[PDB]
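Using the numbering of the PDB entry, the residues shown for chain A are 1-133, in order. Note that ligands are numbered from 1 as they come in the structure, with each ligand's atoms numbered from 1 the same way.
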Amino acid sequence: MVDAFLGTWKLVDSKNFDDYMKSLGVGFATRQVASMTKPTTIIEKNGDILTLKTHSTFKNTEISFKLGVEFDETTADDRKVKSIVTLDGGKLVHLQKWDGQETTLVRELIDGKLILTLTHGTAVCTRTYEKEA
Ligand SMILES: CC(C)Cc1ccc([C@H](C)C(=O)O)cc1
């Protein structure tokens, strides 16, 4: 049911995002900007290439990848990371590694909503998204 992730998703709730960003070394001025927008995330597929786009006023980003194939990514906060996206049951797991550390960005569909859990050590952030019509 990978296809249930496809489409356009809008942020409707957040918890611990500011704490998560602080845990990655994102400065207060940038955290303030990042938190005061409700981003849109577009997930699309073309053959075996997936694309994830994030649109806001903090930044626009786009990554393209194949499931299970490591890729280079430069995150919204300017980390150069080694990334991989996998499917673990119903969880779409985006792992970012750099400099001996890591963070996961996990997406799961619960009751039709897309729950994005961001984990960096003990910092855990929940970002709740609703599908656009
Ligand atoms: C450190 C931070 C700026 C990286 C980051 C983490 C999550 C998201 C998602 C799409 C969101 O804002 O929900 C965007 C960018």
**Student:** What drug from the list ibuprofen, acivicin, isoflurane is seen at ligand 1?
**Tutor:** ibuprofen
**Student:** For ibuprofen (ligand 1), which chain gives the most heavy-atom pairs within 4.5 Å, and what name does the PDB entry use for it?
**Tutor:** Fatty acid-binding protein, heart
**Student:** Considering only the protein, which heavy-atom contact is closest to atom 10 (C) of ibuprofen (ligand 1), and what is its distance?
**Tutor:** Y129 OH, 3.3 Å
**Student:** Under 3.5 Å between some N or O of ibuprofen (ligand 1) and some N or O of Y20?
**Tutor:** no
**Student:** For atom 15 (C) of ibuprofen (ligand 1), what's the nearest protein heavy atom and its distance?
**Tutor:** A76 CB, 4.3 Å
**Student:** Identify the closest protein heavy atom to atom 4 (C) of ibuprofen (ligand 1): which residue and atom is it, and at what distance?
**Tutor:** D77 OD1, 4.0 Å
**Student:** Return a yes/no value for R79: is any of its N or O atoms, backbone included, closer than 3.5 angstrom to an N or O of ibuprofen (ligand 1)?
**Tutor:** no
